[PDB]
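Shown here: carfilzomib (bound form) bound to Proteasome subunit beta type-5.
Just so we're on the same page: letters track the sequence lines, and every chain starts at 1. What you see here is only part of the deposit, and the contact count is restricted to that part. We count ligands from 1, going down the list as the structure has it; atoms in each ligand are counted the same way. Quick note: numbers below take in every heavy atom, side chains included, and nothing from hydrogens, waters or symmetry partners. Per the header: X-ray crystallography, 3.0 Å.
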Amino acid sequence: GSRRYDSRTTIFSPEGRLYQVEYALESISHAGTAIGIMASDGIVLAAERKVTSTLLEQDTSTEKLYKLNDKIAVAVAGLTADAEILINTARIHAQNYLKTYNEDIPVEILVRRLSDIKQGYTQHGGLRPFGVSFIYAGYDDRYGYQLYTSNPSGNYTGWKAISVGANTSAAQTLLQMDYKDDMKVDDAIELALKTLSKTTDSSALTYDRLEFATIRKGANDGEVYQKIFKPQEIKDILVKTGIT
Amino acid sequence: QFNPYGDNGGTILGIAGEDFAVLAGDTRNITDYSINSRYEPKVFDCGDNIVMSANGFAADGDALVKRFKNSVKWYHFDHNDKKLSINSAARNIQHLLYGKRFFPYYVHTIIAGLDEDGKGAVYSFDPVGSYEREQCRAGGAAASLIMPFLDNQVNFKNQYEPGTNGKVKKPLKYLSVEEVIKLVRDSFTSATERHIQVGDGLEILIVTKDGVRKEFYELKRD
Amino acid sequence: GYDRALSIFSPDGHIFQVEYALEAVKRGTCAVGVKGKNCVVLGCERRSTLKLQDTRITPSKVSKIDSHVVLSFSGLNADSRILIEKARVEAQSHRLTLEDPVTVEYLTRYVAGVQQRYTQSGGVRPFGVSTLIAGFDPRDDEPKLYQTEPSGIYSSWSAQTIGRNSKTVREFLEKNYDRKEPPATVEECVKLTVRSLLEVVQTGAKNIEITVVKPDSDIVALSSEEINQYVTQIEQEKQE
Amino acid sequence: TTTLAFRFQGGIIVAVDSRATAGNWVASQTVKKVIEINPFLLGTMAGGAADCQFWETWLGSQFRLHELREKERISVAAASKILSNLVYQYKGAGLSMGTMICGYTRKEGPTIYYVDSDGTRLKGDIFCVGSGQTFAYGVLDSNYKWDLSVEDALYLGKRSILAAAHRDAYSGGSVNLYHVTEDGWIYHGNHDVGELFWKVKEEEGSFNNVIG
Amino acid sequence: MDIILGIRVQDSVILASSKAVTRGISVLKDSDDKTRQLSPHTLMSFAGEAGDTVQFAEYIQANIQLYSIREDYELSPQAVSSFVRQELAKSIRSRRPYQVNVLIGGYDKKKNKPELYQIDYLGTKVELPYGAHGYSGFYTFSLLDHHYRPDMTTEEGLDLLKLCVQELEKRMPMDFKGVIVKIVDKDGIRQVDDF
Amino acid sequence: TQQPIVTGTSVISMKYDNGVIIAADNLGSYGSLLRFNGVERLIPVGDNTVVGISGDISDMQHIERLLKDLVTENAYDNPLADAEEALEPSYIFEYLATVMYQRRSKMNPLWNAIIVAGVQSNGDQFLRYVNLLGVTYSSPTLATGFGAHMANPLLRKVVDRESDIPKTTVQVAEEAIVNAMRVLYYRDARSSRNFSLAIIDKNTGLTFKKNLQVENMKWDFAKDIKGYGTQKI
Amino acid sequence: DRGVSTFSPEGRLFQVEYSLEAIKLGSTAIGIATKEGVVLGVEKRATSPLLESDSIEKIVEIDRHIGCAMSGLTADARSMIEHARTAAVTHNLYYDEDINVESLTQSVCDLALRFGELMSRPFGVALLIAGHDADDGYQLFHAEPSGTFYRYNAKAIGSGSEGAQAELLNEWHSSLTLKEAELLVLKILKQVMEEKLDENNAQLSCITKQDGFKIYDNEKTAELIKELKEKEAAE
Amino acid sequence: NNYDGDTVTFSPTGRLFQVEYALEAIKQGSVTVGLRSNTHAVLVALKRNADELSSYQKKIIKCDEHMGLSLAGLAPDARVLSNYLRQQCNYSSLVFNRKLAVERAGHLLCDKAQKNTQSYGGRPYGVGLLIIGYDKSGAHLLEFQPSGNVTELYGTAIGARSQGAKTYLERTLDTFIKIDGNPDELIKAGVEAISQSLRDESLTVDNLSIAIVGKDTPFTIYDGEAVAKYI
Ligand SMILES: *[C@@](C)(CO)[C@](*)(O)[C@H](CC(C)C)NC(=O)[C@H](Cc1ccccc1)NC(=O)[C@H](CC(C)C)NC(=O)[C@H](CCc1ccccc1)NC(=O)CN1CCOCC1
């Protein structure tokens with residue numbers, strides 16, 4: 001029958017590894033680098049677009065950074081189509097929680113449920129896993145500003161600063177060098193860009209090959225604002241830090 | 001609107017002795033004021049020295065007897081031809097009846113036989129499965145006529161020893177098969193006189209260690 | 001639905017998928033359980049290749065199933081969440097129907113049953129996880145420590161360890177633990193647990209987690225400084 | 001029916017009548033309305049005869065399965081809650097059951113639970129259930145003290161059923177007595193009202209409404 | 001089931017609930033506690049159809065306790081009330097709805113404020129300074145309109161509550177066998193034994 | 001839940017020494033309207049059984065199809081389909097009796113009263129009744145509807161008990177049936193003059209008589225009847 | 001790969017045959033039947049000395065009149081026992097009587113072959129089912145994952161089975177007392193066990209008409225071990 | 001070779017190997033014999049044991065008062081098929097008040113075994129059956145094979161060394177067919193037939209298993225001291 005053609009996506013190797021999860025991670029390692037840095041008064045999300053063409057519409061484009069709700073956003077590394085499936089689920093899960101408890105969903109709860117979905121694809125169903133790694137950047141009134149990451153295995157962990165996708169090894173060393181705990185947002189903006197500028201496979205880092213976003217308490221009195229940077233706003237912040 | 005139940009009349013009677021047990025029932029079948037049959041048996045040998053009758057709505061009665069007879073058959077297959085004891089049969093019947101708790105079998109069921117000590121046994125059931133072992137039970141249309149007579153003559157109720165100032169009760173004792181059949185025949189002739197749905201014929205099934213015997217007697221046909 | 005029988009027998013009578021799940025446990029960070037006279041202590045390793053971590057929000061290795069029972073593990077982290085969730089639900093379900101919290105034996109038996117079901121169900125692979133379940137039964141002062149594994153077998157232990165280099169720390173416990181006289185106090189029990197982990201860990205900084213469970217739902221997690229004091233004390237006695 | 005059970009110094013007393021009716025037709029005078037679930041648990045039956053008899057028999061099978069699985073006798077609380085959760089699933093379907101789960105365990109001590117077919121579950125010291133519950137309450141309450149002796153408690157339970165058996169048209173036949181201690185339940189006989197009424201009238205001097 | 005009351009004051013929430021359980025012409029019990037603790041700083045009283053009440057209350061209790069274990073965190077009274085309302089709002093369009101009315105009294109530790117929510121069996125939620133279910137309201141609301149002040153103490157609230165129970169005992173047809181009173185504040189939940 | 005629309009009235013039958021006789025009129029009524037006149041309500045199954053049906057005609061036609069299909073199904077992989085393993089009356093009845101009770105138990109009955117008449121392989125006479133409720137019974141004489149009230153009394157004067165069966169010839173038995181059909185025409189408002197009759201004998205086999213009529217009627221005395229009491233003209 | 005319910009060229013089911021190999025790796029279990037009762041004994045086999053041996057539950061009660069011992073992948077036996085207990089209690093509910101030992105065994109064995117592409121694989125555990133009923137008296141059954149069961153006068157399963165079975169062939173007779181049977185299980189267990197036999201690493205049990213199914217204490221078994229050593233030295 | 005992985009695959013020469021491998025399981029099974037006259041039908045079966053301490057595996061199963069079979073191969077598969085026959089015999093009784101014909105019993109088994117040989121996932125039955133019965137057309141004997149093929153015979157035998165008993169019956173055909181109104185002599189002929197398949201072992205009291213059905217004889221099985229007459 002059909003047994004002949006089954007890849008058996010949810011099995012162990014003799015060494016106790018999940019073949020498909022490992023190979024999905026190998027896929028993600030070729031994707032455009034995405035960095036998250038958490039400061040005391042906000043969070044930065046920076047991501048490098050995959051080899052841009054000059055005739056690509058840049059201003060009305062979204063590849064790396066996505067908004068889950070008013071208080072939480074994600075940076076993507078891997079297959080975009082796979083990520084969008086998971087993003088719509090996460091958006092719905094956030095609205096279910098709000099409808100139930102009349103309170104915005106805590107960041108970890110959203111992350112756990114999204115990570116639990118990925119886990120399911122590795123243990124049962126016989127389907128391939130999602131070839132996606134997320135960086136979650138968000139705020140709630142329990143833990144404040146938070147950075148998380150999840151990968152195809154469905155395992156998630158918390159971070160002060162983290163990178164996913166390409167050149168994470170080199171990127172994580174640079175972040176570990178210059179990062180400190182009493183850091184501000186504006187400093188973290190500079191660190192994010194400087195790190196990409198050195199780890200990039202491109203000749204020079206320009207405005208048209210980047211996506212940028214901040215989550216500050218920079219609004220008026222005790223409330224959080226999400227800023228997804230416009231092209232011209234990235235051009236200005238790139239000049240202001242002296243990269244171009 | 002369609003009504004799934006009907007009344008087929010008739011009446012049944014079970015008495016237990018020391019080493020025997022009888023299960024009697026008239027042979028008349030009716031609907032409203034018409035006679036359907038003057039001889040339609042409703043007391044059945046079900047095997048393993050168990051006799052059974054399910055009086056009331058005959059369609060439900062037949063269905064139940066049919067299912068219990070089948071239950072006995074499968075009991076032999078599943079448990080190495082083991083004899084189904086009267087107490088086990090009763091509990092099984094409860095589950096048959098209660099299985100249709102929310103669309104009941106409209107019948108009064110009575111079974112008879114010998115217990116595991118060889119002594120005579122009679123069990124009786126309501127329509128939804130509640131049961132009880134007794135020395136004595138009448139069921140069906142003329143149950144209300146026959147039952148108090150049985151209390152008096154089988155269990156010696158309200159009878160005291162003469163001259164003892166109503167202080168000493170008449171002592172309980174088992175009845176002979178001869179004496180029991182006398183009481184059955186008198187019970188049914190009396191019920192025939194005063195109940196319209198009872199008559200035509202009487203069929204008694206007697207159960208001893210030797211097997212299952214039958215006796216038949218004519219009843220008034222009006 | 002996906003039906004494939006993934007866990008099956010081999011010519012030599014082995015179920016490889018179950019045995020390969022044990023290898024995933026062997027890869028996982030070490031975990032240890034030691035029970036004293038009036039307490040149980042759960043110790044856990046944390047690998048130090050991860051700096052720039054946020055320890056406030058990072059999932060803790062020891063999980064509360066109820067107010068009186070805890071569960072630690074070794075193996076795949078994502079898998080462990082599913083078992084913990086099922087256990088926490090069953091814990092509340094038991095209180096609801098029986099009007100009494102679960103015994104540690106019962107909770108273990110349930111978790112072990114779930115693990116077993118995944119070894120002979122179609123379309124699923126076994127859990128790459130072994131657990132140490134510890135606590136105290138309701139209105140009881142006798143300490144309880146149980147272990148489970150992917151195959152589904154479970155058993156009680158005076159002291160036990162699982163994960164990477166667990167055979168080294170089991171060797172340590174086998175000569176250092178006396179059945180006739182277990183650790184009389186909390187301090188003695190925690191020290192023996194930290195000692196056993198120091199055979200394997202590396203540094204006693206932010207690598208060791210300790211959680212103490214006492215009778216009547218009395219559970220607390222130790223901080224860095226409190227654990228570091230045990231590390232400092234043991235090393236000074238060692239130089240002799 | 002009339003059934004009662006009350007808690008006191010020396011454990012639990014449980015008393016029931018034995019009548020069964022179908023309208024005004026007295027169908028039986030010899031019904032066993034107490035189920036012996038196990039050596040430490042009793043259950044009383046009032047309402048629909050089949051409903052009570054079937055489900056309390058089913059109940060004893062569930063409790064047997066508990067002690068096989070858990071290697072320990074089931075608690076009175078857990079026992080009563082299995083029954084109450086069962087009937088709650090059938091709520092609205094028309095079950096008619098008024099039951100009392102009575103027993104002793106180490107952790108609980110002597111315990112009585114009232115459980116009925118509309119899902120009510122209540123722990124308590126005194127309960128009377130059935131069509132003649134009010135008649136039993138009248139006698140029981142007015143004579144109840146915690147410090148009753150085993151002998152006096154047994155009699156009060158017996159006398160309360162007799163009172164209801166007399167006045168309530170849908171109660172009678174005979175009285176079945178039980179005493180529950182730390183060591184388990186003890187049966188204290190079947191008492192026919194036919195002889196018991198006159199014996200009580202003469203010796204006690206009560207029932208002056210009746211022609212002697 | 002009949003009488004359940006609730007009063008929010010300056011620093012606490014006070015719930016009072018009748019002790020009688022009646023069925024037919026018999027008071028089966030006169031010491032019944034018509035409440036369940038959902039969390040350390042949240043208490044829910046209930047009244048309605050026999051069976052439905054306890055079954056519903058415990059089902060909510062189990063769910064909130066499950067949440068507490070999972071997140072190692074206590075839900076706010078506002079969050080708990082919204083969860084309860086949704087469960088009742090589902091229920092009303094079911095095959096057999098829960099016929100239960102509830103009061104949720106809790107102390108929000110983040111805001112340092114007491115909160116009282118009244119929810120009926122339809123899933124109708126309102127936050128109130130004082131609340132009641134059933135026929136009780138027809139006496140107690142007008143009484144509290146007159147005597148209630150927002151800045152009252154817990155002791156002043158208990159006297160205000162005694163004034164309600166007295167009125168009910170005078171004018172209600174049924175004997176409800178007194179009330180069990182419980183207080184919810186910054187230090188948790190405790191029962192007044194002598195009322 | 002049904003209500004019967006097009007309906008058929010009485011079916012009557014009895015036993016005699018060597019076999020059984022059954023009869024039923026050829027009318028399909030639509031309430032008070034005597035709508036259809038060519039309706040055959042006796043349906044033979046093989047050469048040894050006749051099924052007579054009263055009640056709803058749409059449900060009768062459904063039952064016809066079931067019996068027709070039963071004969072087909074029995075012939076499948078059956079070399080002795082016209083011999084030892086042929087359909088018996090008792091088999092045909094029990095099948096119908098099963099269906100009738102299953103349909104009543106689903107609250108969707110076949111609104112009929114049925115009488116299965118025939119002869120078994122060992123020569124024994126077979127006659128048994130079944131209706132919408134699944135109720136079954138057997139008797140030397142059987143009848144449905146008005147037949148139960150008017151025919152049975154007349155037929156029981158010939159065969160009152162079991163011992164009267166050997167003493168009753170086919171000539172005497174048919175005479176009683178034909179007489180009963182006349183009485184039903186006098187007194188049943190939903191009956192017709194035309195009817196069918198079937199005899200199943202253990203020796204001569206199945207004889208099916210169509211297009212019979214009620215005859216030798218007494219109507220002459222009507223001319224003498226005037227008014228309703230005190231009229232003289 | 002290949003189908004789960006496939007036949008070999010010799011006419012055997014691959015998966016069933018492979019499961020039998022798993023059972024050979026399991027710890028030893030022995031059963032002996034007498035006119036005075038049936039005895040069941042097992043090797044506990046703790047993997048490490050720190051493991052509390054009393055928590056090793058390889059002898060199990062099904063009903064008051066039926067007991068059970070296991071060998072192989074013991075985790076697989078949980079759902080088999082659960083089924084056996086339900087079957088036993090359910091039959092008591094439907095028929096107000098104890099269920100026959102043979103009928104119980106047959107109900108368990110019906111689960112065995114309910115696998116394929118139902119559960120994903122056969123059971124990797126063999127069971128010894130011992131009990132008593134009024135009809136056929138004291139009985140001992142061996143239930144395999146093939147769906148087959150044989151009644152036995154005596155039977156050993158597990159790693160030391162073939163060696164122990166040969167010993168049971170010589171030692172068993174129809175007039176064995178219960179005490180004689182107890183010692184005989186201990187004797188044969190001590191012969192095939194790796195580590196030295198004592199009350200902590202071996203467990204005894206029996207079923208009698210009078211007292212029903214009982215697992216022996218470690219104190220009671222210890223005395224039977226001491227009684228066994230003395231009797232062998234006495235000649 | 002490459003065409004025996006499952007039952008859904010044909011070989012290049014048009015063979016179903018999984019069905020053939022199931023047939024092989026029957027050859028390994030213990031011998032059983034079937035024969036009949038015009039009045040009675042008899043089953044004789046050699047039971048097999050694990051060792052001297054074990055019981056002897058029961059080979060004969062009752063299906064109805066007038067029908068039953070003997071097995072050879074996988075015993076659990078015989079339990080499944082016999083159970084199906086019991087239900088079909090029972091359906092015929094409840095619905096049609098009719099004893100199920102032995103020929104229809106064969107047709108039903110054939111069609112049940114066939115479905116297992118044409119679908120992916122399932123497997124063929126691994127057992128052969130000898131069905132005897134007495135119905136409205138007299139005594140009958142059937143042979144069932146898990147390929148689906150059912151055959152009506154005067155006499156036959158299946159299992160290991162069944163060729164010896166099958167040859168004997170082929171010689172004795174004219175003799176035993178006319179054993180009418182004599183049960184014991186028809187059994188004697190069946191016992192002498194199965195004896196032609198014995199090697200090193202002989203028929204003992206707890207080894208032999210006999211069953212009979214006929215005109216005025218319900219289906220009954222004889223074991224233990226009840227077969228000592230025929231040794
Ligand atoms: C006191 C004595 C009365 O309230 C107790 O409460 C007892 C409890 C004991 C028996 C455990 N209750 C009864 O006796 C109970 C009262 C009752 C009756 C019906 C419904 C609810 C409560 N009686 C019964 O259950 C009788 C017992 C029989 C007669 C031994 N059973 C019936 O009346 C049955 C079943 C009724 C039924 C319930 C639910 C669904 C369908 C049916 N019905 C009949 O027997 C019908 N009838 C009897 C008279 O003869 C014609 C047929």
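Other chains with a heavy atom closer than 4.0 Å to carfilzomib (bound form): B, D.
The name that the PDB entry gives to chain B is Proteasome subunit beta type-6. Of the residues UniProt lists as binding bortezomib in chain D, a heavy atom under 4.0 Å from carfilzomib (bound form) is found for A49(D). Lab note: closest UniProt active-site residue in chain D to carfilzomib (bound form), heavy-atom distance to 1 Å, was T1(D), 1 Å.
Note: carfilzomib (bound form), covalent bond at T1(D) OG1. The heavy-atom binding site of carfilzomib (bound form) at 4.0 Å consists of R101(B), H108(B), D126(B), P127(B), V128(B), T1(D), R19(D), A20(D), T21(D), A22(D), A27(D), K33(D), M45(D), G47(D), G48(D), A49(D), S131(D), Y170(D).
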